[PDB]
Participant: 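Before my questions: this is TMC353121 bound to Fusion glycoprotein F0.
Chain A corresponds to the first sequence line; subsequent lines are lettered B, C, and so forth. Here chain A follows the PDB entry for its numbers: 27-64, 73-104, 137-204, 219-506, in order, are the residues you see. Here chain B follows the PDB entry for its numbers: 27-64, 73-104, 137-204, 219-506, in order, are the residues you see. Using the numbering of the PDB entry, the residues shown for chain C are 27-64, 73-104, 137-204, 219-506, in order. Structure determined by X-ray crystallography, 3.0 Å. Counting convention: from 1, in listed order, for ligands and their atoms alike. Note that these values count all heavy atoms, side chains included, but never hydrogens, waters or copies made by symmetry.
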Amino acid sequence: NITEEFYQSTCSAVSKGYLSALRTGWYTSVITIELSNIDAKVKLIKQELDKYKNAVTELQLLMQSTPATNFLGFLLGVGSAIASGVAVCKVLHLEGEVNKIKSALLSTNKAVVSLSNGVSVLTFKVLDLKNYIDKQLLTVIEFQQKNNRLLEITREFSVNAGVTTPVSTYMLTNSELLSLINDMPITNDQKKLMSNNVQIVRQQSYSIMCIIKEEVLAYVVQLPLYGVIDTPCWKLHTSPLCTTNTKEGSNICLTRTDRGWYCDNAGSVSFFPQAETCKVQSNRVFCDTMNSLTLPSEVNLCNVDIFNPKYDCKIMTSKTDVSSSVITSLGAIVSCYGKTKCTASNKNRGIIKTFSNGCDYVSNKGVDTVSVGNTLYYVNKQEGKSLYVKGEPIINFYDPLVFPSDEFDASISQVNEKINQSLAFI
Amino acid sequence: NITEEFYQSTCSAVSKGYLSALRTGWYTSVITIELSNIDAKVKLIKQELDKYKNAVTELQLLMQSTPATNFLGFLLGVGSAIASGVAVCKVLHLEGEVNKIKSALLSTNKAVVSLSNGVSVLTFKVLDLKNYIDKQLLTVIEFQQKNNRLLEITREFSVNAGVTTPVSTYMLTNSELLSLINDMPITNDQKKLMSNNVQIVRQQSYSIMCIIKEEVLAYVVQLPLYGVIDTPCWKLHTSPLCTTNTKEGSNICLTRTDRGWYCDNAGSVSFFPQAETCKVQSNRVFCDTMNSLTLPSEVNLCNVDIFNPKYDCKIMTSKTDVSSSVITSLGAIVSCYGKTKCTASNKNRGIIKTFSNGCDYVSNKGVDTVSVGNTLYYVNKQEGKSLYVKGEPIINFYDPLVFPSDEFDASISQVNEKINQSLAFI
Amino acid sequence: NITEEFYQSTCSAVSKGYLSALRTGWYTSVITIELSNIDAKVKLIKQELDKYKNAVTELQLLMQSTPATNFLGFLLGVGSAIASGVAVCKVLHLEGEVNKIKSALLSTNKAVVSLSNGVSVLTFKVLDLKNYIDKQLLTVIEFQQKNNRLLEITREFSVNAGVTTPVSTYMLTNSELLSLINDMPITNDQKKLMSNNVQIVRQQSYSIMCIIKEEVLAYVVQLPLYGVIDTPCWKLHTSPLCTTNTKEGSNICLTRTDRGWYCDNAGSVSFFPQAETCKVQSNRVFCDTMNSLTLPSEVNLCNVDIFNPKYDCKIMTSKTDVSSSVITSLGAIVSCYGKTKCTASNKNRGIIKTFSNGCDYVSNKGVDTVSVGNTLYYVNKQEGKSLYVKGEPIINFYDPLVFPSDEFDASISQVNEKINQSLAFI
Ligand SMILES: Cc1ccc(CCCO)c(NCc2ccc3nc(NCCCN4CCOCC4)n(Cc4nc(C)ccc4O)c3c2)c1
C-alpha cells in the first residue's frame, strides 16, 4: 500500500501509493429559501419575529454590492476562486430570472432550472418559511427551531462579507448535500467519492450569498468537480544537504526545492508546491489544480537520478548549515550539522539512535519521536514499508571554492553553468 | 467605468477605474454591559443562572493579563495592529476610570466620556443585564434570550485570547453599529461609506476584551478611519515573460515584481504588494495602509514605458519557463511555454483560442474559462472594456549569454548594470 | 522589567525581560461521551431526538478515514502537528480497546487508562447522555440543553474535517479543562502556568475526533507540555539600513535577517523566525518549538557587535531604499529614505519629531503614533525603559562599487568574501 524511499544522495524522500482526487472544475447550484413579507406567549414570538425581520434586513444591506474575491509556490499562477460562482450570481439579479426559480420550485424542492445565459443549474429549496409563516404563524418553540437556521446562515454571511468556506450544515445540511450529490450530472465514481468524503467536499466548497428579491433568498453553492480520480500520487520531502567540515561556516549546502505533492494527470504530472493545498484521507489525496504546476512526467527522474539528462532538477544553495528535521509520511529525515544533538527515540525504551552530522533518515517502524536540537518531533505512526536508498551525498561532488552559495530559483545545470564559468576565469 | 490594458511588451495588465477607501487611522469605542452580583420552572432558570455565573467567571480568568498582539510584500514595515485599542484598554484599568463610565451611562446607553489621559471616547451600553436580573429575575425563555448574547461574546473572546475580528453582531449588533457610526466624529462621506459597507467595516475592525470590574464588563471596539476616499485605484497584474526557444532550458525569463493594488494618496501612490489586504466591492477598493508602501506617482510609468528614466521599474529574472495564467479583473494573462497546452473557451461553443508560446492575453468578453496545462481557470465575468496594447516582448532585448538568471529584488537598471559589467569583462 | 535597546549602527532593536513558556511536548487525553442506542409536547422532543440521531449519523460518516494533517522562516524543518494525537487515535480503533475505557469510566468520570501499546492516558467522561436518555427520556427544555453540547461538537468537527484548534469550551468546558490540568502528571509550576492561561492553552491545543463505537463517542485532546519555563526571552526587531545619497538608486542597503523571538533553552538559544508563532501575555512569551531553530548562545553577539568573530551574523543586501517602520515592544524603528515624510507624534501636542534620512528610532515614552509616508502606525504604550545605543551605521563601511546588491540568505562574512573576491579582480 503506502511506501517510502529515502535518497541518501539527495537528502530527500518520496512517499508513494496514493490515489488522486483533484478538484478540476466547479459545479454551481442555486440554494433558495422562500420568505414571508409581513401576554406572555405572544410577546416572545413578537421577539422571535423581529429576529426574523432583523435577519432579513441584515441580509439586504449585505447585498448592496456584488460579492468579493479581488518553496516553488511563487511560480504558481493566480485564479479567481469564485469567478464561476459569481458569474452565476450576477445572472440571478436579472429581472424575471428570480421568478423562474420561484416558479420552478413550487410543487417540489429540488428542480433543475435552465437560466437565460444557457447555464443549466440544479436549484434546491431547503427551507420554506413563507409556507410556515403565512399559514402556521399568521409553538413559540416550533417557530424558534425553524427560524434558527435562517439566523445562522445570516451570521455566517455577515461576518464573511457574504462568502463562506467550508460550507456549513446550515448552508446545506448533510442530508441535503448528499442528495444534491446524487442528482448531480457526474459519474458513479464521483458520486461515491464525494459522498464518502462530505467533510472534505465542504472544505473545498463555497457558499456565496446572492440575492433577496420577490420573497426569495438565494445563495450559490460552489461545489468541486474531481476530474482526476485514482491516478498515482506521491509526496516529495526534501531537507538541506550540507557538508560537515569542522570549521563552522566553511560548509556548503544544497536543498532540492521541488518538494510538494505530485500526481499523475493527463499525460503530465500535476505538482503542488504548497503541500497544504492537499488534504490526505487514508491513502486518498484531495488536491486543487488551482494551486499547481503542470510538469512533464520526467520530473520524477530527479528522485532516482538527480543528474539525469531528461529533466533539469531544481535545487537551491547556501552556506547556512543549520540543523532541522522533516517528518515524512513513513519516517523522518534528519539534517544534523555542527554541534546539534539529533536523536530518534522509542516510547518506553528511550533513545535508539544518535544521528551523526549530515543528512540521515529513520523509519517510523519502532520510532515514536525524533529530536533535532531543542525541537521534539513526533513521527507519523501510519503503517507502511520504508526503503533506505544508500548513495553518496552529492554535495561532496562540488568544490567549495567555486560553489555558488546563494541560489534559490536554480537547478543542477544552472549551478554547473556558474561553476564552468568561474572555473574558466581561474 | 472599469477598464483594463494589457502590455504585450512587459507581460502585465492594469485594471483601472477603482475608488479608494483606505483605512488610515483607528477609532476606539468602549462598549459596555452592566452586570449583576448575586420544581421544574425554577430548576431550569437555576441552570440558566449558573450559565451566567460561568460566563462571568470565565471572562475573569481571561483578563489576568493585558490582551495580546505581539512578491514585494517582504519590503513592508511592521505594525501593532491593536496598539491604539490596547492603549485605551490599559486606561480603563485605572481606578475610578471604570466608575466614570458606569456613571455616564446611567440615564442613557450612548454617551461620550472624556478619559483621564485626554482621550475622548464614544461609550455605549448595549445590554443592561443588571437592570434585568436585579429586578425582573430577583420567563425561563425570556431570560435565556437576554443571557444568550452574553454567553456568545464570552465564547468569541475565550477562543480568541480576547481579541476578535471580524467584529460580530454579538459584539455590536447591526443597529448598534450603524448608530455608532452616526454619532461618530467623522465626515458625511465616511458615515455613508461606512454604513453602506458594514460587513466590510466589521472585517476591518477589532473587538478587544478589556475588563470586568464594579459590576461592569467592558470591551474596546477598534473601528477603521478611512482618511482616503474616492481617489483613483488600479490593480497591476504581472506574469512571467520568457523567451520561447526550442531547446528547453536555453530560455531566459523576466517578471515584473511590482504587482499589487495601487492607489493615489496625498501626492504619492500607496502600493499594496499583497492584493489580499484589499477587498473589492463593485468598484470600491478597501485597503489597509498598514500593509502598504508609499511610492512616487512616477511608479505608474513602468506600465507604459518600463524603460522610462523617471522610475526604476522593479523586475526579477529566471530561467524557469513554466506555464501559468493570471486571471485579471477583465480577462486573463497567459504565459505559455514549452510543451504546455493553453487555451481559452466559451461556455457552450468550446475552445475559441489556442495560445502560442510566450505571454499572451484574452478578455473575458466572450470567454468563460481559460486553461493552462491541467489547470482550469474561470475568468471574472465583470462588465468592462479591455485594451490590448501590442508591443515587442522586452525579454527579446536581452542577450542570453550575459543575462543574470536569478535576480529577485532587482530592477531594469540593476540588470543593465550587471550586463554592462559582464560585457566589459568579455 | 521590560526594557529595550536600539542599535543605530545595525538598525535593530532588542526587547528583553521576557519569560519563556515553550511548548516542547504534547499530552494526549481521551475525552468521551457515552451515547444511547434507540401532541405538542411530544412532537418537539421527537424533533430534538432526531437532532440527536442526525448528529450521531453525521459523526459516523466523518470517521470513515483516519484524521488528516498531511525572514529566515524558510530555514525551519517540518512537523506533523498532530502525529502524537493520531497515534493515540489509531489505538482506540483496536477491538476491546474501546470497551476498556467504557469499563473504566463506569463509576467515575475521570480515570487513567493504560492502553494496549503502553501509553498511559488520562480519560475523561464529560457528558453521560446514555444515562440521561435511557432513563429520563425513555423537560423539552431540559433535553435541548443537554443535547446542545453534542450538536456543537458535531458542528466543529464537521466543518474542520475532524480536527479543531483552538480547543473550545464545547470540547472541554473551562471547569473540565482546569481539572484536567490538575490531575495531569506534570509539575506544580506547569499546573499553575497552564491554569493562569487557559485561553492560551486552548489556542495551543488540538481536538481530534476519533471514534464512535459501542455506544461511545471518543475524541483525543492534544495538550501542550511546557518543558521550558521562565528562561529569558528577547525579541529582535530589524529594519533596513540604507545609505542616503541624493541621486535615488545610487544607494546601497542592508538588513539583519535574524529577527524574531529568541529564548534561552538548554544551553542553546531557541530562535523563532516567525514572531507570530509566539504569543505574548504581559511578560510571558508562549512559543512553539516546532517553529524554531536551535542556535548557539553566541547568536546574541550580533546585537552588540555584528562584526564579532564568534557568530556569523546573518544579513541581506539590496539597493531598494524604500521607507518603512517597525513598531518595537517599547518604541519604533524608522527607516526614512529618499523623499519620504517620516514623523513621530504625541496625542494632543501633535508632531514632536521629524526624522531625517536613514534609520532612526524613538521610544513610546511621550509618543503615541509614528508616520512613515502615508502609513500611520500606533506605537505600543506598554510601560518600560528604552536605551538608544548610538553607533556608526555600518552600511557606511561598504564601498558601493563592490557591494553585492541582492543577497538574501547571506551573512557578514559571506559579503566580505564576495567583496574580497571582486576587489581582487580589480
Ligand atoms: C530577495 C528576496 C526577498 C524576500 C523573500 C521572501 C521573504 C520571506 O518572507 C525571498 N525568498 C526567500 C529566499 C530564501 C533564500 C534565497 N536565495 C536567493 N538567491 C539570491 C539571488 C542572487 N543571486 C544572484 C546574484 O548573486 C547572488 C545570487 N534568493 C532570491 C530568490 N527568491 C525567490 C522566492 C525566487 C527567486 C530568487 O532569486 C532567496 C530567497 C527573496
Participant: Which other chains have a heavy atom under 4.0 Å from TMC353121?
Facilitator: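 Heavy-atom contacts come from A, B, C.
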Participant: How is the binding site of TMC353121 composed, by chain and residue number, at heavy atoms under 4.0 Å?
Facilitator: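 At that heavy-atom cut-off, the residues are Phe140(A), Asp486(A), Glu487(A), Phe488(A), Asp489(A), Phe140(B), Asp486(B), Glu487(B), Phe488(B), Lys498(B), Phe137(C), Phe140(C), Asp486(C), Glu487(C), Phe488(C), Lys498(C).
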